[PDB]
Amino acid sequence: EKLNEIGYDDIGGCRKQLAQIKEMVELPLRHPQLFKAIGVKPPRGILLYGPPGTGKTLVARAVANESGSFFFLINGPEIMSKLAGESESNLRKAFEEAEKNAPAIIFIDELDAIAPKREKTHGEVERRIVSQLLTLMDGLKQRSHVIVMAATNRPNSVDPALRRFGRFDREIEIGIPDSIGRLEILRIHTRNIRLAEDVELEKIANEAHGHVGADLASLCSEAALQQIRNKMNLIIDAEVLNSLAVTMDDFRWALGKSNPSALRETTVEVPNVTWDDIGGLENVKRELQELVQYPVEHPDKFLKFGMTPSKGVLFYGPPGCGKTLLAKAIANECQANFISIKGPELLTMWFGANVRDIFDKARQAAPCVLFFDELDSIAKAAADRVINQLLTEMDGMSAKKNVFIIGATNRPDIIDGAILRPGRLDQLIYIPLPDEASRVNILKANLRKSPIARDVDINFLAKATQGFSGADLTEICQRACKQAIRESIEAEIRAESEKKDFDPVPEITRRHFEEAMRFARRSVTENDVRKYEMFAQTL
Amino acid sequence: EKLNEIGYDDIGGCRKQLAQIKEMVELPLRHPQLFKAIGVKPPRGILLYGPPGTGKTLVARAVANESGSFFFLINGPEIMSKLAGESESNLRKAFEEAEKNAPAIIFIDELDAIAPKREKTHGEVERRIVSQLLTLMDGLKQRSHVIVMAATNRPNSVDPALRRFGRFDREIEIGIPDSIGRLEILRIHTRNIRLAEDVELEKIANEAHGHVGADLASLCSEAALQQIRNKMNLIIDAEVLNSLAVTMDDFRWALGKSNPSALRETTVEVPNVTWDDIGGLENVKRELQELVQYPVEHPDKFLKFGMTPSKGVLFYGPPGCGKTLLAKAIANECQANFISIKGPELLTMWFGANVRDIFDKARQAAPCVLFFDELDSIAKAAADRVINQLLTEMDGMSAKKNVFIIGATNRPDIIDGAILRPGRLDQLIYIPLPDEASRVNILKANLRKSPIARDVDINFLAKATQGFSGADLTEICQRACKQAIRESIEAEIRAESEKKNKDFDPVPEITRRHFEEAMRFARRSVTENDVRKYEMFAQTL
Ligand SMILES: Cc1cc2c(C(N)=O)cccc2n1-c1nc2c(c(NCc3ccccc3)n1)COCC2
Ligand SMILES: Cc1cc2c(C(N)=O)cccc2n1-c1nc2c(c(NCc3ccccc3)n1)COCC2
């Protein structure tokens, strides 16, 4: 009987959308007088879409329960699992009961099942039920106090006729939870499971990438199974039963063996790469501040001076110089959402229309940076369709919506000149090989989690490199760590053999870094650097 | 019960169409004696089409109510939601009840639902309804005084059989409202909502691009919701309730977060770019006047001299010289509609016939200037299909309908010579880099909204920038504005630091210094070689 007690606190990583739906639904159903007085018309149909398992199904019940409304549930499979007349009778009865017991919420859990695309019907009963649903949606009066909520995997799966301005006009996306949402879901799912004192659910939430709420429930279940195995493979005994608590190692094992279902779905989040970490690149700092931070933080100045900000940059520069991190940092300084799209991903999804989906999602998000990772794959100069999609979508993106498109290219001389036209992406910014401070910061980011020895002078390594790209520094650090692991394992084997300095190699010593450096080679030739300098004028 | 009172004043941005429909429907059904005497036959079927949310659904009721006729409504979803026999029984009862209570209007709301394309039926019950609808539409007796009206998203969706000369012969398009129509919509949706005295609804309309009437209802709803947020967050005191009025800052917030449904719908409007703003380019003014204005303003002299005007023009010149604006300006001087089509758009829509749709809309519009920007992406010399469609449409377009096709190209040498034949696009006009007079207006147009300091000599900059293209001038001003914003934001930060230690506006205008810095890095974007190449094209062809 927990259904009647499902509240907002019992739903996981949809805090922003939960607040939005609260404002949309609860307030009109709790204080109709205010909205009627001012004139606001509460929404008729709210469609929720997103990856499966997010928890969008519980949102309608939570809203109804905490607003005191009546809740009638319409399950698409249930209505489509009945005869030709009984399904229509059930739809009509649901709407009639909702009208009788207003204020009320009708929840169509699988709207895609009831009303798929008209091309997929291939029947008369299905089209009849679709038309009946349309009529009932039109039947509901503006002042009946019945709010029809719906859930679907993808909004494009619903018949377009249902998305008219009178039937389903508001669409809210319940996407993949962030780390805070993941922690909330894990806390919700562990209220009954007994947890050991050594579990840090924050770390588990931060590590689980691509995990939706159902995936986290599976994670907790598998962790409990692992604990039972550990305490049962050796051993029924009441004392042992009371000593059964999920330890952190069990959670780590479950996470390692967990195959999340939302790894392939794009993430929208505010990156935590503060510009204090990027270090130098201060010319790029100033340019990106002028191009992104000022339009978002101080719209008043732009309105005062009557300048429409340009919403398009191109990050051209040698490979492995942290263009993605620069985009993330400029997103963070503005507290702007960040969306990262790789060329292979776009081509693969096109092979499997979705160019407009990502821009629509960017519009959904608050002021955001839409970072395309390799634009030569799309703008080579099959791809002739994606290029035009992108160009037209940029040509239709109003400059006042605060969506900044930042495309990165290692090879800028191949990009089609159409993209670089004024008003599309005409803000060429050059990202050079990291300077001294940038190199120190790269080496410190690489060695953040690695215990280094005090004798190691990171500043000396940065000074010595003087030309290495970022990937080169990462390779140097990885070589040093590999040699350290090689020494640790050799010492462990020697200790085992001698059985017939508890930790002989606890930190990476200066010798490891020296040996790694001896074989280091520059990856960006001076000719390449000269070539990238001339592109600013060759265009 | 407001349905019985829906008039013409309660519908939004369809002022032109409503007047057209008023003559078509209200006048015959009000004075049948006059039309019968001369011999006019009032229309049988009027198919209203356009993007969703325009307000075409209320037109039938407004026409019926004002003319006193009987209004019987038919809903596509409703009829197709019933059994095989009841759906047909309702169609026949709708027309049977209409003839009984004539004069009357039958409004089919979703004609695409009842009568989709014959290839989409894939059933027997559905195909019986289509045929039943056809029979009823052909059973009207031209004296029954019953007028059928229909609404559809696109006319091509309807079964072609319904669009014969006896069933649905008149099609009226209710499209995206223009700025005046947006204000009509923004004033009918605000009759009940209380508004603050600081609200200038005219400004919101001119900024609401791509907003259909339904979308403008979301703006008002969102704007009022914003006011509740502001007052509720500060907070149900009755005094506060009476002080709840939508302020303009709320509207601007709503407009920023509003995602209009019709941003991708093409616009038909008369541009406001008067030729007095284009400045010079006077050798282009004479040629454009001889080809667009005189045929439209003075048809008499063309008939008197027996000359058929050439309906095609090609604009070729260096990039960023305001070719589009010149096309807009001549349209304004003729009060002609202007349709701008981009090369990328035509290919994108073709991948997703539509060439014939652009021309058909041009024909429906009053004397029109159909601009084809980037005609080098279509006439490159997939695309082979689009060029032929464009090539055939021009040939099949009678020169007497006052529709002019202007094609702008930055690279004319690539254009296929088929388009440049004497039949369709036979006139070439060269738009050069802006001259001294024009460069003054380009700078003025850019700095129209920007408060400039009196020490700035706009004339001096134009004299200095002899050779700069239009985009080069625009870049200079933006750099001036960009730098001006920087000195304003840094001054604010310095003020904050000084405030902690203890000229209201530090930089109120773009000083002469800001322009000086921008000009130093400014570089010409059209090489002297490129200018020479364009000159030789007139003879190379
Ligand atoms: C771990 C790592 C690899 C890498 C690479 C690379 N091709 O291996 C390139 C650029 C930055 C890189 N970082 C890196 N990663 C981070 C930071 C940071 N700071 C310096 C920097 C940043 C952007 C840009 C330049 C230099 N650098 C600071 O934020 C945390 C992560
Ligand atoms: C804002 C703007 C940008 C721009 C560009 C450009 N490459 O961005 C090219 C030509 C004119 C341009 N304008 C512009 N825009 C306007 C005007 C005007 N001056 C006269 C003119 C027109 C076309 C041509 C020459 C000179 N210039 C005057 O009418 C109002 C709008």
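Reminder, nothing fancy here: chain letters follow the sequence lines and each chain counts from 1. This deposition comes from electron microscopy, 2.8 Å. Partial entry shown, contacts counted within. Atoms within a ligand are numbered from 1 in the order they appear, just like the ligands themselves. The analysis underlying the following values was restricted to heavy atoms, covering all of them including side chains, and did not include hydrogens, waters or symmetry mates.
The drug occupying ligand 1 is CB-5083. In the deposited model, the macromolecule with the most close contacts to CB-5083 (ligand 1) is named by the PDB entry as vesicle-fusing ATPase.
Other chains in heavy-atom contact with CB-5083 (ligand 1) below 4.0 Å, by letter: A. Nearby ligands and ions of CB-5083 (ligand 1), counting only those under 4.0 Å: none. In this structure, the binding site of CB-5083 (ligand 1) at 4.0 Å (heavy atoms) is formed by A:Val273, A:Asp277, A:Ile278, A:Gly320, A:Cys321, A:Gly322, A:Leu325, A:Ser438, A:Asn441, A:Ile442, A:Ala445, A:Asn446, A:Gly470, A:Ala471, A:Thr474.
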